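The following structure: neomycin with Kanamycin nucleotidyltransferase.
Throughout, a chain's letter reflects where its sequence line sits, starting with A, and its residues are numbered from 1. Order of listing sets the numbers, starting from 1, for every ligand and every atom in it.
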Amino acid sequence: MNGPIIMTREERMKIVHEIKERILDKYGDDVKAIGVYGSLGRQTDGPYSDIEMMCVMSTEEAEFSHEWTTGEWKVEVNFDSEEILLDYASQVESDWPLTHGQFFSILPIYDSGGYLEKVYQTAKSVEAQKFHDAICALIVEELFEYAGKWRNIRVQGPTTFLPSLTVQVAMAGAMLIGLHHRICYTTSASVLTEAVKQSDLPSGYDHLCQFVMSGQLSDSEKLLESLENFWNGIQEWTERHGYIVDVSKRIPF
Amino acid sequence: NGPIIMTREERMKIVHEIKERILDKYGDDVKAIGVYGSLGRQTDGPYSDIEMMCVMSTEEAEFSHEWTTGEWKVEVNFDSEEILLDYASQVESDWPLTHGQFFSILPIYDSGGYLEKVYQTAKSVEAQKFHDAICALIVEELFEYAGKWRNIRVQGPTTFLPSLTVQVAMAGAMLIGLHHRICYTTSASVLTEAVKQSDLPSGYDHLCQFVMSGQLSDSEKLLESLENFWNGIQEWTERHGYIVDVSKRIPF
Ligand SMILES: NC[C@@H]1O[C@H](O[C@H]2[C@@H](O)[C@H](O[C@@H]3[C@@H](O)[C@H](N)C[C@H](N)[C@H]3O[C@H]3O[C@H](CN)[C@@H](O)[C@H](O)[C@H]3N)O[C@@H]2CO)[C@H](N)[C@@H](O)[C@@H]1O
Ligand SMILES: NC[C@@H]1O[C@H](O[C@H]2[C@@H](O)[C@H](O[C@@H]3[C@@H](O)[C@H](N)C[C@H](N)[C@H]3O[C@H]3O[C@H](CN)[C@@H](O)[C@H](O)[C@H]3N)O[C@@H]2CO)[C@H](N)[C@@H](O)[C@@H]1O
Ligand SMILES: [Ca+2]
Ligand SMILES: [Mg+2]
Ligand SMILES: [Mg+2]
C-alpha cells in the first residue's frame, strides 16, 4: 500500500458514477438522492484528494456509512434517512465550521424530489441562538480548558506538549471565528488561512496563528505570551459581542 | 482571568460539595459518583479542571453539566449504567485518549459496586475490537493525512503542514496505544508516553521529535519524515497482522 496516488478529476468522477450505480442497484427505490461533497463536489479536488459522497434514504432510522480504500484512493459514503440528515444539518456543535461545509458543497448527481436542496436550505437557515449557544459552550468547554493546560505547562511542564497545544488553541479560535461569522471552512488545509482573513478577530489571534502557520513553535516563552494575549483578547471580544456566560454560582444545577 | 491556582485539598472540597448537590437533587436515582482525570489519579497540578462521573438508575439517562466559576472548571457526566457500560466497551480511534477515564476512577459514593463494574468492563474489552479500531484508523485517518500532505507537496499550502504534522503524530500515538492497549494519562503526556513504547513503526520517533521540539518550519524535512513514517506504518501493520482490505473497488 503505497497510495494515495495522483488522480485526475475525470478519474474521480468515473468512480463516483460507478458507486452511484451500485447504490441504485442495491437500494433501488429506497434511495432519495445521492450527492458528492468535499473538494470533488466543488470541483476543486487536487491531485491527491479523497472521495466523499452522501445518500438520502427513505428507510426510517437509516444511519450507516461505508469508508474504504483500494490502496490507491479512499472513499467515504454516508447513508442517512431524510429526517436524520435534516436534524444533523441544523445542529451547531463547536466544530460546525469544520463539519457543515458538507452542506454547502453538495454536487447532486441523483435526486428524486428536491431532497438535497432541502438539506441545503435547512443548513443555511439555522437560527442565531444556536450559534450563540455554541460559542458560549466553546469558551467554557475548550478555550478555558486549554488555558489551564498551558498555564500548568508554564509552572510544571512539559513544554514538549506546547507546540501541539498551541495548534489546538489556534484551531479552537478558528471555530470561534467560524461560528461567529457563520462560515464553514472549505478544506482542512484552509481553516487557519480563512480564519485570519475574517473581520473583527479577537485580539492576539492573528499573532498566535502566525506561529502555527510558520511552524516556528520552539520558543516556549513567546508561545505562552501569545497564548495569554489571545486569552485576554478572547475575554474582551466575548463581552464586546455579548457571548456572556453567568459564572457567578459554584454549582449551577 | 482564570483559571487560577488551586490545591488538591481545595479541589477535593469542591468534589464533595458537588457530590452533596447531586445526592440532594437526584436522591435514590444516583447509583454511584466518582472523580476521574488527573484529580482522580491524585496527580492534579496547579491549574487542573475537575471531572466527575455519575451512574444513574433512570433508563436512558445521558446528560452532562459543564461550567466554570471564572476560576475553575467542572464537568459532571450523568449516565445510566447500561449507557456507561456500552461506552466503556466501545473502541474508537481515540480510545487511548478517552478511556483512561475508566482507569482513573476515585470512588466517592457507590451503592452497589457500580464503578468497579464499569472499570471491569473497560479493562476486559475483546482484543478483536482493538484490531478493528487500528484497521479503521489506518483507513479513516492515516491514509487521509497522507493524501493531505502529498497534496501540500504538489500544490500547497505549507502553512497547513505544522498543524497536519501534529495531527499525524497524534494519530500515530493512537495506533501505538490501541496496539499496546494503553490509555494515556493526560493530553500532555500522549507523545512522550507513545515514543517510550516498544515496537514503534519506523519514522515515528523522528516525526515526533519535530512535534515535541516545535521545530515545524522546515517543510521539506517534515514531508520527508511523514513519508518515512508512512512507509514505517506499512511494514509495521503487515508485520503485526493489521491488514487492511484493499481488494474491493466498491465493498457493498
Ligand atoms: N459519559 C459517557 C459517555 O460519553 C460520550 O461522550 C463522550 C464525548 O463525546 C464527550 O466529549 C465531551 C463533549 O461532548 C463536550 N462538548 C465537552 C466536554 N469537555 C467533552 O468531554 C470529554 O472530552 C475532553 C477533551 N475534549 C476531556 O477532557 C473530557 O474528560 C471528556 N469527558 O465526553 C464523553 C467522554 O467522557 C457519550 N455522550 C455517551 O456514550 C456517554 O454518555
Ligand atoms: N452523515 C450525517 C451525520 O453524520 C454524523 O457523524 C459525523 C461524524 O461523527 C463522522 O465522522 C466520521 C467518523 O465517524 C469516521 N470514523 C471516519 C470518517 N472519515 C469521519 O468523516 C467525517 O470527518 C472527516 C475528517 N476526519 C471528514 O473528512 C469527513 O468529510 C467527515 N464525514 O462524519 C459525519 C459527518 O459527515 C452522524 N453519523 C449522524 O448524525 C449523521 O449520519
Ligand atoms: Ca477502582
Ligand atoms: Mg474536557
Ligand atoms: Mg474523512
Where would I look for neomycin in this thing, copies and all?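 It's found at ligands 1 and 2.
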If a contact means heavy atoms under 4.0 Å apart, which other chains contact neomycin (ligand 1)?
->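 Under 4.0 Å by non-hydrogen atoms: A, B.
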Which residue owns the protein heavy atom closest to atom 30 (O) of neomycin (ligand 1), what's the atom, and how far is it?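 The closest heavy atom on the protein side is B:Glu51 OE2, 2.3 Å.
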**Item:** Cut-off 4.0 Å: ligands and ions near neomycin (ligand 1)
**Value:**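 Those are ligand 4 (magnesium ion).
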Worksheet item: Which is closest to atom 20 (C) of neomycin (ligand 1) by heavy-atom distance: B:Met52, A:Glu141, B:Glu75, B:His99?
Response: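 The option holding the nearest heavy atom is B:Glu75.
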Name the closest protein heavy atom to atom 1 (N) of neomycin (ligand 1), giving the residue it belongs to and the distance to 0.1 Å.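 Atom 1 (N) of neomycin (ligand 1) sits closest to the protein heavy atom B:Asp79 OD2, 2.7 Å.
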_Within the protein, is there a heavy atom lying under 4.0 Å from atom 14 (O) of neomycin (ligand 1)?_
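No, there is none.
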Looking only at protein heavy atoms, identify the closest one to atom 8 (C) of neomycin (ligand 1) and say how far it is in Å.
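Checking every protein heavy atom, the shortest distance to atom 8 (C) of neomycin (ligand 1) gives B:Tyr87 OH, 4.8 Å.
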Looking only at distances, can you tell me whether any N or O atom of B:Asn77, backbone or side chain, sits closer than 3.5 Å to an N or O atom of neomycin (ligand 1)?
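No, since none of the N or O atoms of B:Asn77 sits under 3.5 Å from an N or O of neomycin (ligand 1).
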Next on the checklist: Any nitrogen or oxygen of B:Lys73, side chain or backbone, less than 3.5 Å from one on neomycin (ligand 1)?
Outcome noted: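 Min N/O separation from neomycin (ligand 1) is not below 3.5 Å for B:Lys73.
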Option set A:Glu142, B:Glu62, A:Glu145, criterion heavy-atom distance to atom 24 (C) of neomycin (ligand 1), minimum =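 Closest candidate by heavy-atom distance is A:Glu145.
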### Task
Tell me which part of B:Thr98 gets within contact of neomycin (ligand 1): side chain, backbone, both or neither, using heavy atoms under 4.0 Å.
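B:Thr98 to neomycin (ligand 1): no contact under 4.0 Å from either part.
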What part of A:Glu93, side chain from CB on, backbone N/CA/C/O, both or neither, has a heavy atom under 4.0 Å from neomycin (ligand 1)?
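None of A:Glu93 does.
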ask   = Can a protein heavy atom be found under 4.0 Å away from atom 36 (O) of neomycin (ligand 1)?
value =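 Given the 4.0 Å cut-off, atom 36 (O) of neomycin (ligand 1) counts as touching protein heavy atoms.
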| query | Nearest protein heavy atom to atom 27 (C) of neomycin (ligand 1): under 4.0 Å? | reply |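 It does: a protein heavy atom is found less than 4.0 Å away from atom 27 (C) of neomycin (ligand 1).
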### Message
I'd like to know if atom 6 (O) of neomycin (ligand 1) has any protein heavy atom within a distance of less than 4.0 Å.
### Response
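No, no protein heavy atom sits under 4.0 Å from atom 6 (O) of neomycin (ligand 1).
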Q.
Is there a polar contact, in the sense of an N or O pair closer than 3.5 Å, between B:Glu66 and neomycin (ligand 1)?
A.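 Looking only at distances, the answer is yes, because the N/O contact criterion of under 3.5 Å is met.
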*neomycin (ligand 1) binding site, heavy-atom cut-off 4.0 Å*: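 Heavy-atom neighbours of neomycin (ligand 1): A:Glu141, A:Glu145, B:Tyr36, B:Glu51, B:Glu62, B:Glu66, B:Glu75, B:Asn77, B:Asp79, B:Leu84, B:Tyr87, B:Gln101.
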